[PDB]
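Heads up, this one has diclofenac in it.
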Amino acid sequence: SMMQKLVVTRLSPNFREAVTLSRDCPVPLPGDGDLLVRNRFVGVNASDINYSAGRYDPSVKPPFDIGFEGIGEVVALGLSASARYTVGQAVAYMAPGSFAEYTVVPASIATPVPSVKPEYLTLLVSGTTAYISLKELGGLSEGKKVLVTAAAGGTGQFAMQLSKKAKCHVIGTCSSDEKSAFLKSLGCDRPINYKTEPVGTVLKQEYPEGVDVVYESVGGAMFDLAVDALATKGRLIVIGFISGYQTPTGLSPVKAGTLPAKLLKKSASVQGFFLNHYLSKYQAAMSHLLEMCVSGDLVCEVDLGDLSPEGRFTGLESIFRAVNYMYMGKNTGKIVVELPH
Ligand SMILES: NC(=O)c1ccc[n+]([C@@H]2O[C@H](COP(=O)([O-])OP(=O)(O)OC[C@H]3O[C@@H](n4cnc5c(N)ncnc54)[C@H](OP(=O)(O)O)[C@@H]3O)[C@@H](O)[C@H]2O)c1
Ligand SMILES: O=C(O)Cc1ccccc1Nc1c(Cl)cccc1Cl
Ligand SMILES: O=C(O)Cc1ccccc1Nc1c(Cl)cccc1Cl
Ligand SMILES: O=C(O)Cc1ccccc1Nc1c(Cl)cccc1Cl
Ligand SMILES: O=C(O)Cc1ccccc1Nc1c(Cl)cccc1Cl
Ligand SMILES: [Cl-]
Ligand SMILES: [Cl-]
């Protein structure tokens, strides 16, 4: 009858100062074409703080719901939705407002899943971003050199593995030796701990002809190193720039004043990617990722905070700590929060 959810009550990139936990919210009811899903796991995404800052659509004022992805059980549904779905069914979804005990989701956008496991949730946003961007914009083929930044993170783990499956030589940046050991276990050809080894020098010395593709999630100084490291006809994919999101504008400073000259001289490109412009590819990407995940052909690493200071991310209240965990760069794999029941 009543539930908890997170609500953006003031616009800010500081998630804690933007987002309030409301305790006595009515449970929303599904319409004819809708599922009501009881969330068991929810995904934490770097851009949750871009969302809370109001950067997705600056015309929209608080209050609004938050959280982009969920997995759980159908506990109620509209009559039309009941032709494809049934009460008790395990479903996952990408839609705003997953940070709630219950979320209304139109049946048309639900993804049926084998059971309610956090591994499947890693595929929804993190997996599909890596898959679709690389398939559509990567031009991957055997022997290409691929550099992945935030490689041990939520989407990075997939960009790594998909590039390896495309028979590419893959370099991955991360911030610790434990993350480097994880990258290695995924088949990474050259893991780099950027805190202990200078990435620019590694690339100049070991990849003098440059890299063919960059999956670039970090921005700032890493973006700059990436541009310099591009091969002739190289492609830098701008997936994100997380080093900037906490700032007031959300941007990360770059020394890009000579970027056009660099790109002309190399016949190289900088290509942006936004998931929501490629939704026509989503179902097929999800289907392929799910098959690999269920068959054990894809590592879907989940970080539920079990080794964080206050331990497992349980409950909506832990989302605040989970966002901090990401922004301290502590996670290995996809950060997920559990709503126990
Ligand atoms: N374009 C799209 O449609 C789309 C969709 C989804 C996600 N993305 C992008 O994918 C990237 C990763 O998102 P995610 O949600 O999967 O997170 P994640 O990679 O699981 O976590 C972020 C990681 O980035 C590094 N990092 C954290 N804060 C940093 C900082 N202030 N400066 C530099 N590096 C920092 C850390 O790894 P290290 O150990 O490597 O430092 C941290 O583990 C983001 O840029 C996100 O916006 C884009
Ligand atoms: O907006 C909707 O109706 C749900 C929906 C469906 C498919 C893809 C994206 C979205 N929503 C959405 C939006 Cl509008 C912004 C940021 C993140 C997400 Cl998941
Ligand atoms: O199917 C399409 O035409 C693209 C599209 C546009 C808006 C919202 C969703 C979708 N596709 C879609 C579907 Cl059909 C199921 C699950 C997830 C997504 Cl993103
Ligand atoms: O470019 C290609 O065709 C290879 C390619 C690139 C990016 C993403 C996926 C794929 N292929 C691919 C496919 Cl189609 C399914 C499962 C795993 C992989 Cl690596
Ligand atoms: O994630 C990013 O870096 C880009 C971005 C910016 C603002 C709002 C959403 C998104 N990405 C995004 C989208 Cl477009 C759909 C579902 C889930 C996510 Cl995390
Ligand atoms: Cl649709
Ligand atoms: Cl760096």
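Heads up, chain A uses the PDB entry numbers, so what you see runs 31-371. Heads up, header says this was done by X-ray crystallography, 1.9 Å. Order of appearance sets the numbers: ligands from 1, and atoms from 1 within every ligand.
Within this structure, diclofenac can be identified as ligands 2, 3, 4 and 5. In this entry, more contacts with diclofenac (ligand 3) come from one chain than from any other, and UniProt calls that chain Prostaglandin reductase 3.
With non-hydrogen distances under 4.0 Å, the site around diclofenac (ligand 3) consists of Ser138, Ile139, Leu309, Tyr312, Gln313.
With respect to atom 10 (C) of diclofenac (ligand 3), the closest heavy atom belonging to the protein is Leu309 CB, 4.2 Å. Source organism (PDB entry) for chain A: Homo sapiens. Checking atom 1 (O) of diclofenac (ligand 3) against the protein gives no heavy-atom contact under 4.0 Å. Every atom of diclofenac (ligand 3) is numbered from 1 in the order shown, and the set under 4.0 Å from a heavy atom of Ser138 is 13 (C), 14 (Cl), 15 (C). Shortest contact from atom 18 (C) of diclofenac (ligand 3) to any protein heavy atom: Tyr312 CD2, 3.9 Å. Proximity to diclofenac (ligand 3) (heavy atom under 4.0 Å) is shown by no UniProt NADP(+)-binding residue of chain A. Regarding atom 12 (C) of diclofenac (ligand 3), its nearest protein heavy-atom neighbour is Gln313 CG, 4.4 Å. At the top of the distance list for atom 16 (C) of diclofenac (ligand 3), counting protein heavy atoms only, stands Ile139 O, 3.2 Å.
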